[PDB]
Each structure stands twice: as structure tokens, then as C-alpha cells.
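Shown here: devazepide bound to Cholecystokinin receptor type A.
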Amino acid sequence: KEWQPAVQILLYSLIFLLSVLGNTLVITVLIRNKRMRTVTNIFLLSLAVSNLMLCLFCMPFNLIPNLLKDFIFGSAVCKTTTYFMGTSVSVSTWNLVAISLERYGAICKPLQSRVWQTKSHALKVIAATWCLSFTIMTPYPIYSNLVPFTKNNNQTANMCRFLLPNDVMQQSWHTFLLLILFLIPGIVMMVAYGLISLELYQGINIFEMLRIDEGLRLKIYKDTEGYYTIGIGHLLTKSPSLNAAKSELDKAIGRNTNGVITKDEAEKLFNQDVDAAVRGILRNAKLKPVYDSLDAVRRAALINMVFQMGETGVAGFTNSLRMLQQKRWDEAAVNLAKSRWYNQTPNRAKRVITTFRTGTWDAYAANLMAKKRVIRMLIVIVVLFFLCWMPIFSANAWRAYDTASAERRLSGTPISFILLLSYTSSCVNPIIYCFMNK
Ligand SMILES: CN1C(=O)[C@@H](NC(=O)c2cc3ccccc3[nH]2)N=C(c2ccccc2)c2ccccc21
């Protein structure tokens with residue numbers, strides 16, 4: 001009528017600007033900063049390229065013809081615009097699947113999913129996504145043609161239309177898209193983000209706690225006391241000799257290590273350490289009573305201490321050990337910070353003490369809080385993707401099954417806005433990235 005074209009020009013041109021500006025920004029930032037190019041962002045970089053492709057090679061050749069009600073570009077543009085639209089949706093859907101699968105590797109199988117975290121594999125997947133997406137979509141250029149129709153005053157026009165040899169094939173193709181663009185990617189990412197979510201809920205434990213407090217040094221080093229240490233805080237000898245640490249090292253890893261161990265030997269060593277700390281708590285007649293009275297989070301604070309100072313040194317925390325057993329957490333927290341231990345390693349001690357005072361992991365939660373944030377962003381991106389793409393795919397499927405119904409309900413402004421919703425998905429992720437560093 002009179003307004004509809006105005007709102008269309010408005011919304012289309014706005015969504016074009018945001019999507020062009022938004023995605024080229026995301027690309028130029030990522031191309032600029034080598035520090036930014038993580039595995040997850042290399043995918044979000046392949047995602048932002050498909051969003052740019054959809055935005056420049058399809059959107060004008062949809063608003064302009066839908067605004068004029070006449071596809072006035074060539075038969076080639078008609079095959080091109082349909083080709084890139086389906087290629088884009090495919091690349092995007094399988095980029096989102098790759099992301100869910102790499103975060104699953106990182107969060108759920110960290111020391112077990114080593115290759116899924118190589119940038120070389122990441123660019124292998126990205127290449128296989130674009131190549132296969134152009135391949136399975138070749139029906140669109142093969143079977144899309146100008147379809148002549150006639151307007152008001154018997155005025156010939158064309159519409160760009162995708163027509164397969166019959167109805168069984170038109171309907172088979174939509175079953176196809178249903179499967180490899182929604183069902184199969186949908187469950188893959190729902191199982192994945194579901195497992196990721198389970199893990200992230202179970203939260204911090206003694207191992208993650210000691211990994212934050214100790215770190216990883218592959219080569220022999222000295223701690224705050226000046227003692228020779230390796231791996232994840234593994235004390236080698238109190239003696240000042242370096243020859244003796246190197247000896248106690250080779251004996252513990254079983255090979256002539258030459259001062260240097262692997263990450264895999266550090267974790268094996270570190271697992272024996274947490275084992276040994278916990279056995280020392282159980283075998284010591286002063287520590288075991290306190291331990292049993294402790295809740296699992298505080299148990300881990302007691303283990304944290306015993307891991308740093310040994311069974312016997314901690315068992316001599318007689319006045320703090322008593323307060324803990326009596327559930328006097330504030331008293332214990334105040335007393336423990338008057339100790340020499342506090343004075344030697346304040347930052348670590350302040351955390352362990354916070355754990356004792358509150359019974360929570362707040363002291364160690366920062367990193368977990370970051371992973372949870374990213375994961376919730378990714379689940380939001382996936383849900384806004386499907387919500388932006390279900391309508392147009394459902395309108396094409398309904399056309400292939402009952403074209404007369406589909407066209408009478410959707411032909412005017414509804415499919416105009418349904419198409420608009422599609423392009424909106426390509427300007428969604430940059431806006432999300434903006435609201436993420438708030
Ligand atoms: C030719 N082509 C369509 O026919 C359009 N479907 C409609 O426009 C439409 C559906 C419908 C239902 C009821 C009534 C009226 C209807 N119109 N489908 C997309 C597309 C979507 C996903 C993958 C590939 C192509 C597309 C995108 C850009 C250019 C051409 C193009």
C-alpha cells in the first residue's frame with residue numbers, strides 16, 4: 001500500500017548497514033590481532049564471512065525484486081543469489097557445529113581431545129565446510145530460473161524461482177535440508193552444549209584449585225621458599241643441591257629426564273601428589289578428625305594446605321585446626337592469616353582462607369565464570385540462528401507441499417518480513433559481540 005514499501009526500505013537498508021559494518025568490523029579486528037585468533041574465533045571468522053556473503057550477494061537481489069515485484073536482474077543473478085543463500089546457511093550451520101564440538105573438546109575432554117584444538121585442524125574443517133557447502137547446494141543454480149508471470153495491466157514480469165523436475169523431488173529436497181541443516185546439526189549441538197553445561201555446573205575441584213595455585217613449570221624451578229620444584233608444584237628436595245633435585249626427579253618420572261619433563265608426566269606426578277596429600281590427611285591423627293567434620297569444599301582447602309606444606313607442617317596448625325573443627329570459620333580465617341604461611345604466600349593463602357571462611361569457590365571461580373559466559377553467548381547465537389532461518393525454510397517447504405495454501409497466506413507482506421528475518425541473522429552476532437565486553 002503506502003507505508004509497507006517505506007518500512008521495507010527502512011528495515012532492509014538498516015539491516016544491510018549493520019550487517020556490512022558489523023561483519024567487516026569483526027573480520028578486520030580478527031585479521032588485525034593475532035592474539036585474537038583462537039580456534040573458536042577462527043570459526044566465528046568463517047561465520048562472519050558467510051554473513052558478509054549472504055549480505056552482499058543475496059540481500060539486494062531480494063529487496064529490490066520484492067520491492068518492485070519483478071525480478072529484473074539476469075537469469076544468472078537469479079541462480080547466483082539462490083546459490084549463495086543456501087551456501088551461506090550451510091557454512092554457518094556447520095561452523096556453529098564445529099564450535100560446539102571444539103568447546104566440547106576443551107571443556108569436557110581437555111587432556112584427551114588434543115587435536116581438535118589445533119589451528120591447523122580448524123582451517124581443515126573450515127575448508128571442508130565451504131567446499132562441501134558449495135557442492136551440496138549446486139541444485140540451486142541448476143534448477144533456478146526466471147519464471148514469467150503477468151501483472152495488473154497484462155504487463156510481463158519475471159520472478160526468480162527454484163523448481164525441481166516434479167513434486168516428489170521438491171519435497172525430497174526439503175526433507176534433505178531439514179536433516180543436514182537442522183535435525184542433524186541441532187541434536188549434535190544440543191548434546192554437546194548439554195554435556196559442556198553439565199561439566200561447567202559441577203564446577204571447581206581440588207585439581208583445578210591446585211592448578212590455579214601451583215601452575216605448570218616443565219623445567220626445574222624454585223618456589224617461594226627457594227626449594228627445588230617441578231611440574232604442578234612437585235617438591236623434589238629441600239636440600240640446596242641442584243644435582244640432588246635432578247636425581248630425585250629422574251627417580252620419580254622413571255627416565256633420565258635431564259631437568260625437563262612433559263606435561264603428561266607432570267599430570268601423572270600431580271595426581272600422585274593430590275593422592276599423597278589426601279592419604280596424609282587420613283593417616284594423621286590430628287588432621288583426620290577435622291577432615292571428617294569438613295564439607296567437600298573445605299576438605300579441598302585442607303588438602304590444598306597439606307599439598308603445599310606437608311602432612312606434618314599443617315598438623316601443627318593446632319589453634320586453626322581446632323577452630324575449623326568447631327565450625328568457627330571467621331575465627332579460623334583471621335587466625336590463619338596471622339601465620340607465617342600467610343606471610344610467605346599471601347595471594348594463595350588469601351584464596352585458601354576465603355575457601356575456609358565461606359565454604360565456596362569464589363576465590364577460584366574467575367576462569368570458570370569466563371567459560372560459562374562464552375558458552376551462554378554461543379547458545380544464544382545458535383538459538384537466534386535457528387529462529388531467524390526456520391521461518392523461510394518452513395515457508396519453502398510448505399510451498400512445495402501445498403503451494404496454493406502457502407502462497408495465499410504468505411505472498412504479500414508476510415514473506416517480505418520472513419525474508420527480512422533471514423538476513424537479520426547475519427547482523428546478530430556482531431551486535432552480540434558488542435554487548436559482551438560490557
Ligand atoms: C528463489 N528464492 C525463493 O523461492 C525463496 N522463497 C521465497 O521467496 C518464497 C517462499 C514462499 C512461500 C509462500 C509464499 C510465497 C513465498 N516466497 N527462497 C529463498 C531461499 C531460501 C533458502 C535457500 C535458498 C533460497 C531465496 C533466497 C534468495 C533469492 C531467491 C530465493
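This chain uses plain numbering: 1 for the first residue, then up along the sequence. Side-chain atoms are counted along with the backbone in the values below, which use heavy atoms only and exclude waters and symmetry mates. Ligands are counted one by one from 1 in listed order, and the atoms in each one are counted from 1 as well.
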Any idea which transmembrane segments of chain A have heavy atoms under 4.0 Å from devazepide (ligand 1)? Please number them from the N terminus per UniProt.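 By UniProt's count, heavy atoms that close sit in segments 2, 3, 4, 6, 7.
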Hey, is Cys160 one of the residues with a heavy atom under 4.0 angstrom from devazepide (ligand 1)?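 Judged by the 4.0 Å heavy-atom criterion, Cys160 does count as contacting devazepide (ligand 1).
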Within-cutoff protein neighbour (heavy atom, under 4.0 Å) for atom 10 (C) of devazepide (ligand 1):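 Flag for atom 10 (C) of devazepide (ligand 1) set to true, protein heavy atom closer than 4.0 Å.
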Under 4.0 Å to a heavy atom of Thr81 - the qualifying atoms of devazepide (ligand 1), by number: 28 (C), 29 (C)
Just jot down the devazepide (ligand 1) atoms closer than 4.0 angstrom to any heavy atom of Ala406, in number order. 13 (C), 14 (C)
Hey, which residues are hanging around devazepide (ligand 1) within 4.0 Å, heavy atoms only? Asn62, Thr81, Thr82, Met85, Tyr140, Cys160, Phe393, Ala395, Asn396, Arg399, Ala406, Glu407, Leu410, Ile415
